[PDB]
Amino acid sequence: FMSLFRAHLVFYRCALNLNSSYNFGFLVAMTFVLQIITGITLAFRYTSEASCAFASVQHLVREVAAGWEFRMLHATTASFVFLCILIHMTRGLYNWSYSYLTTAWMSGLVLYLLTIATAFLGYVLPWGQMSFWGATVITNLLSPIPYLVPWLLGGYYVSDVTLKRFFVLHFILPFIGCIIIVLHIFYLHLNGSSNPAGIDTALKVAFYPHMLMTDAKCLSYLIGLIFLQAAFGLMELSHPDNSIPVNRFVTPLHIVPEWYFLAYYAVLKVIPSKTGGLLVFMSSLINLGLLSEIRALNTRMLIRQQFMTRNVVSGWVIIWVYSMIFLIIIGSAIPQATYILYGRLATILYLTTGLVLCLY
Amino acid sequence: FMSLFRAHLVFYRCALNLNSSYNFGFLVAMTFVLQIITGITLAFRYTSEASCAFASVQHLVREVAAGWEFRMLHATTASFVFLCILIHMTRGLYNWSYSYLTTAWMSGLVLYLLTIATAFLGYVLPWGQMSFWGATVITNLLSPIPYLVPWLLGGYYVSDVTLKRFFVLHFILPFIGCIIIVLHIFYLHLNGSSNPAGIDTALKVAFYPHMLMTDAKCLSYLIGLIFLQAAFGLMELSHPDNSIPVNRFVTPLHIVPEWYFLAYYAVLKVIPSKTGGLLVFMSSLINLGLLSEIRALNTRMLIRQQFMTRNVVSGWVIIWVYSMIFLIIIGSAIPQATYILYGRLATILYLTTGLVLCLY
Amino acid sequence: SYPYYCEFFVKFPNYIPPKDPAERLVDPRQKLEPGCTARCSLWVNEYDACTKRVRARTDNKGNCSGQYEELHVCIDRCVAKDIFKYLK
Amino acid sequence: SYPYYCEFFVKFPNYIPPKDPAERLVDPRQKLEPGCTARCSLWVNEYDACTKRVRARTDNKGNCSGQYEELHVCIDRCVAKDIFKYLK
Amino acid sequence: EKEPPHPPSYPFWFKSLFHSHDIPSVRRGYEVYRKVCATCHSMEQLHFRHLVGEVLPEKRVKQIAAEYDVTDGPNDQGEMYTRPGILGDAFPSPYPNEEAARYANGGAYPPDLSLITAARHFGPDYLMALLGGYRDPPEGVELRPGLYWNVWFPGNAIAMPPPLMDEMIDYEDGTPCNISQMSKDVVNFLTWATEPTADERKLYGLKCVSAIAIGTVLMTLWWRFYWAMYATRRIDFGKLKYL
Amino acid sequence: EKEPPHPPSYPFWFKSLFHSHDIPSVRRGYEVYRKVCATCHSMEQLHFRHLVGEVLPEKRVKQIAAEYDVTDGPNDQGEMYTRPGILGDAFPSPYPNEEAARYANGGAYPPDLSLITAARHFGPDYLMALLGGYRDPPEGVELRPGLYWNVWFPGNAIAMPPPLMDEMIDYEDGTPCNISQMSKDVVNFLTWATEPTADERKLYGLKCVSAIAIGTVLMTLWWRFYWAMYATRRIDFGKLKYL
Ligand SMILES: CCCCCCCCCCCCCCCCCC(=O)OC[C@H](COP(=O)([O-])OCC(O)COP(=O)([O-])OC[C@@H](COC(=O)CCCCCCCCCCCCCCCCC)OC(=O)CCCCCCCCCCCCCCCCC)OC(=O)CCCCCCCCCCCCCCCCC
Ligand SMILES: CCCCCCCCCCCCCCCCCC(=O)OC[C@H](COP(=O)([O-])OCC(O)COP(=O)([O-])OC[C@@H](COC(=O)CCCCCCCCCCCCCCCCC)OC(=O)CCCCCCCCCCCCCCCCC)OC(=O)CCCCCCCCCCCCCCCCC
Ligand code: HEC
Ligand code: HEC
Ligand code: HEM
Ligand code: HEM
Ligand code: HEM
Ligand code: HEM
Ligand SMILES: COc1cc2[nH]c(C)c(-c3ccc(Oc4ccc(OC(F)(F)F)cc4)cc3)c(=O)c2cc1Cl
Ligand SMILES: COc1cc2[nH]c(C)c(-c3ccc(Oc4ccc(OC(F)(F)F)cc4)cc3)c(=O)c2cc1Cl
Ligand SMILES: O=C1C(O)=C([C@H]2CC[C@H](c3ccc(Cl)cc3)CC2)C(=O)c2ccccc21
Ligand SMILES: O=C1C(O)=C([C@H]2CC[C@H](c3ccc(Cl)cc3)CC2)C(=O)c2ccccc21
């Protein structure tokens, strides 16, 4: 397995002009490994009982040596997982990477779905108000089929049984992640990476000396920033309301998911029919999947240059990003008619600019 | 990975005269896979709290559909894991497999150590009297080094913290098992299996049609027997005393480990010095390890035929087996002078007949 | 783990009716005990022997709990053969 | 999760000694309130306006909690600048 | 210390491989347990839910549960109160904690019987023997007050008084009461209570094992089918012998 | 519903990146909490162990704990009893259950303060504002009895009475007592109690971030070291130009 190590991470030859925007994959992998370490060492002292989970998490912070550090590293590294993934996705929307990296793009989408599931399962385990009512909402959202929801819950309502199986599932999924990562990289190195210029070039250079050092530099920056936020708390990434014990008969008066879930939340606020809601997610994900075979949707021969530099027309990916940010903004606010109106405007933009990527 | 599947499990060519005694590896692997399935589905409803673990295991049996079946399959398949492993080891002591399957034999030993550890960790999780006092004994046995025992316990005595980390460790170790199994098979197929006759032969035959069916037949028998014992309870494999809740200030009046641990227990009964006790285990395992390079311990050219058929002299492996069975017998009984005397006789036999394997 | 373990070839008695509806207001064991008492006579012999010797030795320490235990284990293991014929 | 979040470039006051040991048996807020009351006069204006109009409309529904809330938020946000200079 | 003796094997209806529990005996054993043994023991794992359809009809079980006061709350004022038991409640217990139980029983602790036959050697045979086992002391032995001699209890001296007495209880089916009969019926009841899923387990076992054995025959035939083609092969060196 | 206003930022000593907690303020806040706020609230997560060496000397903390009766047992008779508190015991609570707490407070539940500043927006600034916030109703609004108007509580109507009163408590260091001072000191105390590991966390943070930044400079230099050899390379086609 050493010979493979050398073939793929030492003698592998890249293009000279790979700048930082091509370093974020490595970064998400590293946040995965790190999150796994802190996960396992948190599991050694966590209690999976509805009667006492909350106090179990508080015991780590209050009465255990370095107890606070692992919880906070685990909490904060999640945000960086998602931030790095979104940068990593947008880079390849910008470049039209999926033109020839077909199966890599598919694998990517599967990994993103895995990550969403993993995060949301994690989000229930500390067992506060937000956890209980979030679980209630998302389980009610997948109700269309009889008996599936009491079965997956384990029970007529969110329960200790639900906590136990969420804990086991959150244990298992990351490692399935890892396996799919190996699959991802297989498809990638089958083809070879693209340039920022989107041309084919013979001016290649080996990995170990030049690109490995850039990977290391960015890694230093990321470790830095994680520790800064973890130790000092600069930003209010997580809302305070998960600090309150659960009550099964009273909701919290103000509700804000974790930031990486706000856009979705915005949709659930503005579309009238609940099924329309769910179908928007399904449709957008199907549209992203459809990009894998964009070469077939037209008989003009395709190029990877999108000529977005100096261009007054901008590009659909940029409009997508700004629409998504606008949806995050509206996600965060209270339900009111005007917020809903601009919500619907932004939603139409978000859907249309995704549909239109296929129309070259 | 399909091409590898075909190369190693379909077109791989064996010797014509491989009888059932060469089918038990496959069997232990299958008990591993099966034990993993039942493990995971038991984890979904188990509670890792000293205050309530016991009742958590009782809830599965009393109030859950098919609750009883998974617990009992998991409990009974362990015995078959160990029985198959011991048959599998004795076969290769009998044949002198380690003459040329050097690294396979080493890997085997590591897997057996892994299995012992896994089983013993499992044995504590139901949290009855025998579990608590067994954990106490084995943790006191590895005391020679300061602070290592309170550290590994987590605490000054066996505690809920100990349960939590035992549960996580018992979760993890089997999969490390699986990885080492892949390593095992690599070393094996690097060389190729031996015959019962211990000759080299060209009368080979492919695997898929002939030997695959024998594997399947034995698999049927084993599934049969597991279900027979699991559903009807023919043999008292496990003592009743783990059915009593724990008391930290009162021992059970009669003590009998699980059968696959009795021989070890016998030693701890009969050797006066505690360190002598531990050193006997260390020494015997080192002796078994030493067999990997038996070709070097002498300048006479070696053969695999031990000529044990019709032989009035028998063989050291058979004396080893009978000594071990005698030690199990004495393990089971109360501490009394005469049992200890025949214990010491059997112990001397067990040690000497292991030392002597190197003296060809 | 199991409540009990299966036994092969057990013999299950037919309920011998009492000859008088009043007949089993008294414990059926009393009707099986004499025979077994007669069968375990050697243990009675040894218990009485030990009783005598203990009462004699005069150094003021002795007991015959062993032989007593053996006597009653014998009697019980005899009674167990027929007791369930008289119970519903 | 955190008890608080860090704020950049905060200014920390020096404890202005009371001119009389008895001087702060009375709440220092009382000495900062007048100035801020004068600074937030537009909210007083609008609150009195709404009070008049509510008392006039005669259809018997109305209130001026909005403007009141704004008035007092203004006054408090003014007081917060100097209150910690008078506390140890 | 000593090796304790082993009890004789009684022919309980259940200890055959094809037999179920014997439900009339279970009813009578439950009646004995309620009237006698529940004075000092507990079964914390049992709820009345368990008796309907398996042993008793639902109506009667509700009426049984109604005989007890069970504590519940808090109420609007944060106080606790007592109510009549319902089908969903666990069996009641005579002592609030282990310390009180020991205080009432001269220091010894009456064990919880929810798993008693699975928590002793030879299970029901041991329990049947133990309930018969009370006898006078042997020559040379005397026991301190509140302690009794029993020929089947380990070390022979036990804290539980002689347990059974004729017509100390009565049966609703009409069966006559005596200590032997009560022994049999209560041992039956406790053996059932140790694992109510027994009959389900055994009836499923039978189907499973039978089908798997038929399987085994079929696979044996399939394996021999391929054995025979190489076991009967001919290999010649130099020239052909037979054809 | 409405968007509630946002509080002003007060210059608490701790909210700088280099500052610790301010321990005299913490002592005074603890004294306020004991004399006033512990009448209806609870801190179930705090034990007296937490105060020694961090806030108070051990001797004084033992003497504080001795002021309370704490329940313990069972004893030999299985009864419960009361004893003087010890350093190992958690803070006492005024109500036995949530139902009694609601019964005493007209239906509302006084929350446990063990994490209060981490369980609200703007934490200590919100709490400081709230304790100042009591005012007379506006024109056109009236509140039912046992309910009060506060300009910083969401929806403006709150069940907690006006909280503070001058010289309702007294200080041992000599500081004068008034509602503003009590507000500052108790908010300091509760902010500390929300996470006593704060100062450890920050002091470790500083070392970590500083060293990591120095790292980053070194790695930047190392990366440029290799950048320059290919950024400055010459490639010619056909014939050599320069040397
Ligand atoms: C600087 C950038 C930093 C990026 C960070 C990203 C975030 C990371 C988060 C996760 C953590 C990862 C950590 C590693 C980060 C990377 C590090 C790195 O190597 O950076 C390389 C980076 C750029 O390298 P490069 O080789 O040029 O990269 C290639 C380019 O990308 C060019 O590539 P290309 O040309 O091939 O293009 C491909 C394309 C590919 O496409 C993409 O990649 C697009 C991706 C877009 C993001 C999409 C996802 C978004 C998802 C939503 C996220 C929401 C978050 C919400 C957060 C809210 C926060 C409030 O990319 C682009 O098109 C990018 C161009 C975008 C232009 C946007 C222009 C915006 C203008 C804004 C003006 C604002 C004016 C404000 C005025 C205000 C007045 C009041 O260089 C540096 O950072 C240099 C080092 C600088 C160090 C300075 C340190 C100073 C410290 C001072 C201390 C002072 C102390 C004082 C004390 C005093 C005491 C007295
Ligand atoms: C039959 C054997 C079965 C083995 C089972 C093993 C245990 C398995 C446990 C785990 C479960 C696995 C399941 C699969 C098992 C394997 C199945 C299989 O394929 O077997 C093949 C097996 C043998 O095949 P093979 O090709 O000859 O094998 C090669 C040989 O091994 C020859 O190989 P080689 O020549 O190359 O030699 C290499 C060497 C390699 O070395 C080894 O492999 C040595 C391994 C030794 C074991 C070491 C580990 C021990 C660890 C301690 C374990 C303690 C356990 C404690 C258990 C206590 C239980 C109470 O092996 C040997 O030297 C072996 C020879 C040993 C000779 C020992 C002679 C002992 C004589 C005893 C006489 C007793 C007389 C009593 C008289 C009493 C009078 C009162 O054949 C069969 O079993 C044929 C099928 C028979 C089916 C019969 C079914 C009848 C059902 C009747 C029902 C009636 C119902 C009635 C109803 C009535 C209604 C009215
Ligand atoms: C109070 C008078 C009791 C009644 C009624 C019953 N039991 Fe009990 N039991 C009691 C005590 C104080 C003890 C302790 C004995 C000791 O030596 O410490 C026991 C013990 C048992 C046991 C344990 C036997 C063993 O080998 O450990 C059993 C199996 C038992 N008791 C069963 C039992 C049954 C079936 C009863 C109804 C017929 C019953 N007990 C009533 C106190 C009392
Ligand atoms: C009994 C007279 C109390 C005393 C003394 C203190 N508090 Fe309390 N508090 C009490 C009640 C009945 C309520 C419920 C209010 C409601 O609207 O339901 C509260 C509430 C609080 C809150 C919650 C504020 C929020 O926005 O949810 C806080 C932060 C609070 N109280 C703090 C607090 C402090 C610091 C006290 C000592 C100065 C204090 N309270 C005393 C009852 C009583
Ligand atoms: C990509 C990998 C992972 C991600 C993105 C992830 C995500 C999360 C998130 C977002 C939380 C919420 C923490 C909080 O709200 O404070 C969490 C908690 C938790 N995670 Fe994961 N996790 C990952 C891997 C793992 C692994 C591998 C394990 C164990 C083997 C694990 C065990 C836990 C535990 C025990 C908690 C509870 C934390 C607490 O109760 O305070 N995680 N995780
Ligand atoms: C755990 C999640 C992921 C990991 C660990 C990962 C890892 C990597 C790595 C190491 C690379 C090569 C170096 C680099 O580009 O930084 C890469 C490239 C790539 N990834 Fe990912 N990735 C992940 C998620 C995704 C997702 C969600 C997508 C798409 C939706 C995606 C699509 C791609 C593409 C298209 C490339 C190659 C682009 C090109 O060559 O031009 N990946 N990935
Ligand atoms: C070679 C593989 C394994 C072996 C030999 C093994 C062995 C054992 C043993 C001997 C017990 C004792 C059960 C009893 O005393 O009733 C046990 C219990 C248990 N095992 Fe494992 N185990 C294996 C794999 C696993 C795995 C992979 C998991 C989970 C991922 C697991 C989870 C458990 C649990 C939850 C229990 C508790 C059973 C109970 O409380 O009744 N086991 N195991
Ligand atoms: C989980 C435990 C184990 C598994 C899954 C396993 C699996 C296997 C398998 C599939 C084979 C080839 C087919 C067969 O021989 O049945 C094999 C062969 C072998 N194993 Fe194991 N084994 C295990 C434990 C051990 C142990 C404990 C030892 C030695 C102490 C050992 C030593 C050997 C040797 C020497 C051979 C080849 C013998 C020969 O070719 O003559 N294995 N094993
Ligand atoms: C800036 O430009 C680039 C940066 C790049 N950075 C990296 C880190 C790689 C890479 C990743 C993984 C790999 O092999 C592995 C697969 C899977 C594993 O498994 C797991 F889970 F990651 F540990 C480990 C190892 C081999 C190579 C690239 O190809 C790569 C390519 C370009 Cl163009
Ligand atoms: C009777 O005579 C024989 C029987 C034999 N039976 C078997 C089952 C094999 C065998 C096992 C595994 C394997 O490849 C694998 C490795 C590891 C895995 O991983 C895990 F964990 F097992 F699933 C899976 C798969 C390939 C081949 C043999 O070689 C074999 C050889 C002889 Cl002579
Ligand atoms: O009302 C909601 C709500 O709508 C969500 C939502 C956010 C989006 C989630 C989500 C949507 C789509 C995907 Cl692919 C993944 C997650 C589902 C739960 C919450 O997270 C929540 C948490 C706590 C209380 C209330 C709520
Ligand atoms: O006294 C013992 C005892 O001696 C062991 C022993 C058995 C052998 C074990 C063992 C020895 C060596 C190895 Cl490599 C693995 C396990 C260690 C614990 C027990 O298992 C036990 C369980 C419950 C109560 C008491 C006892």
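Below, read A as the first sequence line, B as the second, and so on, with proteins coming before strands; counting in each chain starts at 1. The structure shown is a partial extract from the entry, and contact counts are restricted to the extract. Worth knowing before you read on, the calculation uses all heavy atoms, side chains too, and leaves out hydrogens, waters and symmetry mates. Note that ligands are numbered from 1 as they come in the structure, with each ligand's atoms numbered from 1 the same way.
- Here the macromolecule bound to ligand 11 with the most contacts is known in the PDB entry as Cytochrome b.
- Notes: drug at ligand 11 recorded as atovaquone.
- Counting only non-hydrogen atoms, chains lying under 4.0 Å from atovaquone (ligand 11): A.
- Annotation for atovaquone (ligand 11): atoms under 4.0 Å from non-hydrogen atoms of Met130(A) are 23 (C).
- Every atom of atovaquone (ligand 11) with a heavy atom of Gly134(A) under 4.0 Å away is listed here by number and element: 21 (C), 22 (C), 23 (C), 24 (C).
- With a 4.0 Å cut-off on non-hydrogen atoms, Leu141(A) does not touch atovaquone (ligand 11) at all.
- With heavy atoms counted under 4.0 Å from atovaquone (ligand 11), the transmembrane segments of chain A in UniProt's N-terminal numbering that qualify are 3.
- Interface of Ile116(A) with atovaquone (ligand 11), defined as ligand atoms under 4.0 Å from a residue heavy atom, comprises 15 (C).
- Nearest non-hydrogen protein atom to atom 13 (C) of atovaquone (ligand 11) is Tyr264(A) CD1, 4.2 Å.
- Looking at UniProt's ubiquinone binders in chain A, a heavy atom closer than 4.0 Å to atovaquone (ligand 11) shows up in none of them.
- The protein heavy atom nearest to atom 2 (C) of atovaquone (ligand 11) is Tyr265(A) CE1, 3.6 Å.
- Those atoms of atovaquone (ligand 11) that come under 4.0 Å of a heavy atom in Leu268(A), given as number and element, are 4 (O).
- Residue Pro257(A) has at least one heavy-atom neighbour below 4.0 Å for each of these atoms of atovaquone (ligand 11): 19 (C), 20 (O).
- Counting only heavy atoms, atovaquone (ligand 11) sits under 4.0 Å from none of the UniProt heme b-binding residues in chain A.
- In this PDB entry, no covalent bond connects atovaquone (ligand 11) with a chain.
- With respect to atom 25 (C) of atovaquone (ligand 11), the closest heavy atom belonging to the protein is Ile255(A) CG2, 3.5 Å.
- Nearby ligands and ions (under 4.0 Å from atovaquone (ligand 11)): none.
- Of the candidates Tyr123(A), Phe120(A), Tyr112(A), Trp133(A), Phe120(A) brings a heavy atom nearest to atom 9 (C) of atovaquone (ligand 11).
- The site surrounding atovaquone (ligand 11), defined by heavy atoms under 4.0 Å, contains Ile116(A), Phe120(A), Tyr123(A), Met130(A), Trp133(A), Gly134(A), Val137(A), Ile255(A), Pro257(A), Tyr264(A), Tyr265(A), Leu268(A).
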